[PDB]
Trainee: 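Below is a structure containing AT9283. Please help me interpret it.
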Amino acid sequence: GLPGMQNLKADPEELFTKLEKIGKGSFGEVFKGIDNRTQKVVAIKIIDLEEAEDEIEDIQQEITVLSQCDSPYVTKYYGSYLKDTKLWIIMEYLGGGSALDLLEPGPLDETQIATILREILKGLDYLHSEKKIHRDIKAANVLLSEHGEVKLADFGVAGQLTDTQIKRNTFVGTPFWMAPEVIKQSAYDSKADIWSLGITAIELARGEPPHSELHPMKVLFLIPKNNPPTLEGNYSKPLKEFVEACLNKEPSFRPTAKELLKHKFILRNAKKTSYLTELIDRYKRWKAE
Ligand SMILES: O=C(Nc1c[nH]nc1-c1nc2cc(CN3CCOCC3)ccc2[nH]1)NC1CC1
Ligand SMILES: [Cl-]
């Protein structure tokens, strides 16, 4: 049974006004929508179930993981509807778009970088405390509200640790951001997210992850065999050390999310999230051209 599944008599085309496409998830297409009862904006993920299966388990898993999260740092899930062969997944709308989108007008400053990383860390701390691993941390999966709030999204490949399953070994993620132990399919846990966080830190600083000019297949041997990436360029030493802390080949040498919240880069540079509205305004003016 799918968590949050609504009465099959309920017609989502009547309950929601479906508007323009705003992106593509690991599964399904995502639209801006209006809740016709409250008039709030929602995000609507639509998946065609007849074209799918072999992905249906994964879709169920994503919804299950979402339904089990209750955090200001994780996109809220409002339920699912079936219309003929299509599943409508109703999600919290984050009007600012992704951190990746917000990078298009130009570089971030280190206050912005620290603030976004701090909020991602709050989300990871929550997830890891719940014995969940995101496994696809990257700037495209970091979403901002219109108020500058920062939340984690796309739990399409998220994993769950139990007391009989202390580690995972599944090959999932986005290659440039994947930890060496995940690529090698060694036993791994929440520390894999910390590595991905390190890559995301470089992405927020430089605009792209390491190896971004290479074919994804090449990083399948490059990441396990090479020394870890470092942040190159004129960035503060605390930021460079934050990145180095995350990007260690030995998972036990990586700090926890909780520990990184106290890292000197974060404490010295992060400010209130409301300031990130400037970043949204910049994007708005930019795409206005
Ligand atoms: O779950 C997702 N998205 C969201 C959940 N809640 N809110 C969103 C969301 N996703 C958003 C994406 C954008 C970017 N625009 C897309 C259309 O072309 C101009 C830029 C802006 C606001 C957005 N809000 N998946 C991402 C789109 C692939
Ligand atoms: Cl740059």
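Chain A is numbered as in the PDB entry; shown residues: 9-297, in order. How was it done? The header gives X-ray crystallography, 1.9 Å. Order of appearance sets the numbers: ligands from 1, and atoms from 1 within every ligand.
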Trainee: Got a sec? Need all the ligands or chains for AT9283.
Mentor: ligand 1
Trainee: Trying to figure out what AT9283 (ligand 1) is stuck to here - the chain with the largest number of contacts. What's it called in the PDB entry?
Mentor: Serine/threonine-protein kinase 24
Trainee: Write out the Mg(2+)-binding residues UniProt gives for chain A that lie under 4.0 Å from AT9283 (ligand 1) by heavy-atom distance.
Mentor: none
Trainee: Heavy-atom contacts with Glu100 under 4.0 Å: which atoms of AT9283 (ligand 1) show up? List them by number with element.
Mentor: 5 (C), 6 (N), 7 (N)
Trainee: Which UniProt domain dominates the contacts that chain A makes with AT9283 (ligand 1)?
Mentor: Protein kinase
Trainee: Which AT9283 (ligand 1) atoms, with their elements, are less than 4.0 angstrom from a heavy-atom of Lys32?
Mentor: 28 (C)
Trainee: Just wondering which ATP-binding residues from UniProt for chain A are within 4.0 Å of AT9283 (ligand 1), heavy-atom wise.
Mentor: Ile30, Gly31, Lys32, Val38, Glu100, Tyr101, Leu102
Trainee: When only distance counts, is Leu102 in polar contact with AT9283 (ligand 1), meaning an N/O pair under 3.5 Å?
Mentor: yes
Trainee: For AT9283 (ligand 1), note which part of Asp109 has a heavy atom under 4.0 Å away: side chain, backbone, both or neither.
Mentor: side chain
Trainee: Find, among UniProt active-site residues of chain A, the one closest to AT9283 (ligand 1); state the minimum non-hydrogen distance to 1 Å.
Mentor: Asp144, 10 Å
Trainee: Can you name the other ligands or ions lying under 4.0 Å from AT9283 (ligand 1)?
Mentor: none
Trainee: Where does the entry attach AT9283 (ligand 1) by a covalent bond, in terms of residue name, number and atom?
Mentor: none
Trainee: Show which residues surround AT9283 (ligand 1) within 4.0 Å on heavy-atom distance.
Mentor: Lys29, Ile30, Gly31, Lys32, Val38, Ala51, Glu100, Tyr101, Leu102, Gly105, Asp109, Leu151, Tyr291, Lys295
